[PDB]
Amino acid sequence: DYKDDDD
Amino acid sequence: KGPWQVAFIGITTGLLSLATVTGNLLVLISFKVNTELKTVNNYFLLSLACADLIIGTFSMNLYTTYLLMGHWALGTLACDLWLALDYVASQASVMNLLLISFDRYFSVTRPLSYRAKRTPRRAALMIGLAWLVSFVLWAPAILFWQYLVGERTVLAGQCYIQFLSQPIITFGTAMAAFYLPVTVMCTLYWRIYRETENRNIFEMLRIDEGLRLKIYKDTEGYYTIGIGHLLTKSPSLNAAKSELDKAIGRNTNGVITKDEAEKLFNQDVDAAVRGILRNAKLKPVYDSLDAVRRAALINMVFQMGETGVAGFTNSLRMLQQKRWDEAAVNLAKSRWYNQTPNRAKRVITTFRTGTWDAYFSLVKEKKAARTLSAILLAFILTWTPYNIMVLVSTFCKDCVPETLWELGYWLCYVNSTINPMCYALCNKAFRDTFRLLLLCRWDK
Ligand SMILES: CC(C)CCC[C@@H](C)[C@H]1CC[C@H]2[C@@H]3CC=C4C[C@@H](OC(=O)CCC(=O)O)CC[C@]4(C)[C@H]3CC[C@]12C
Ligand SMILES: C[N+]1(C)[C@@H]2C[C@@H](OC(=O)C(O)(c3cccs3)c3cccs3)C[C@H]1[C@@H]1O[C@@H]12
């Protein structure tokens, strides 16, 4: 579950 | 074994050994000392790094030493402990690959209900039980089969597993332990490849329409639940609840679960697209559009209905003509745009760019996919020759030579060196903590 991680 | 051969193999698998120990140990220490890395995602990589660590410090060196010398000199109990440790650690590695694959699959296919229960507690429980099942599967039979049979069959000075007597025995265990996990992992992987688009549609429509598990009154006043699921335009708060109970299948009492909201969303969106393909005006442009813009039009149909979307005559034709900027400008003339401008501008940006930029960035996730694919491919190729050799050895006796057995056994160790090198070097935070640790200059 990464998806929402910021660049 | 010749002296030059011994020196070469010993030196190279030595280097590989301390590279494995260094890498995975760096993962452990970085996780321990940097709170930014203490994520549920990294729980799994920590467990994998424990398996690869065990293999790196004990297994490769004891196996390479015994292979080079030609005999086992540390005794029967040390032999049994070595094989138990190696098989438990390796089966643990496989089990953690399965756990990661399922975790990712549920994160994509149940983006709302599963993400709500990905807690550190549950992650720790299932990691621990993966290790438990590995240990139970391999240690008792490796250590106590000799006492249960009554005698120790393996020769003095030699070291192998006693209960894997017949090639058909070891190939059955190879199916349970390797082939079936590999097939499950691959089928998953492909299933996620075919479901990311539907998850992106779900998240887009959850951003635009919201999520309430208790019934609320919408823009016009009617009763709605879930992700914009309208129940009934009647004014009776229980005329709504009756249709809710009929829609789910239980006495809802007005409140639903997040997976019931996922089910309601799936019925809604499938109805939206099926209707789109039934409608003569929207079907041509929907067919002409790529996946992301298809999602934007699905969004508009979700908000306004098919007749209302078909009312955008000229903008829909400009969409069919790939005139993205003119279509954006034209849709900006609409009452839709003047009534829900914040959502309409996101949808319009989706039409103009064909990307998800107005809703979310998927860079970190795509790179995580690259990391996982690298890890599993390394696993498959470094572990496949040995199990293929088992498969062949069942049909034919002594086809595959002892040298080939030794090399194929030894090759399964390499993916333990490779695993930390995948996520660690090209993932930030890990890289920076590795740097500050190898510099001995970490003070929080
Ligand atoms: C057969 C024998 C020799 C090997 C069995 C070893 C296990 C007992 C180990 C291997 C991997 C370990 C796990 C790897 C990662 C984690 C995440 C970790 O989470 C945190 O530390 C974050 C919270 C915090 O920092 O306090 C908690 C322990 C746990 C479940 C570990 C518990 C112990 C496990 C199951
Ligand atoms: C080099 N190993 C250390 C040993 C031989 C290989 O093993 C294999 O790939 C096998 O499919 C089997 C070998 C023999 C029967 S089933 C597995 C064993 C445990 C999990 S999967 C890979 C790893 C594993 O620790 C064994």
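Protein chains get the first letters and strands the later ones, always in sequence-line order, with residue 1 at the start of each. Order of listing sets the numbers, starting from 1, for every ligand and every atom in it.
The macromolecule with the greatest number of heavy-atom pairs within 4.5 Å of ligand 2 is, in UniProt, named Muscarinic acetylcholine receptor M1. The drug assigned to ligand 2 in the PDB is tiotropium. Going by heavy atoms, the other chains that come closer than 4.0 Å to tiotropium are B. The set of residues with a heavy atom less than 4.0 Å from tiotropium is B/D86, B/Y87, B/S90, B/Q91, B/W138, B/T170, B/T173, B/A174, B/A177, B/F178, B/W383, B/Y386, B/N387, B/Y409, B/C412, B/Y413. Restricting to heavy atoms under 4.0 Å from tiotropium, the involved transmembrane segments of chain B, by UniProt's N-terminal count, are 3, 4, 5, 6, 7.
Distance cut-off 4.0 Å; other ligands and ions near tiotropium: none.
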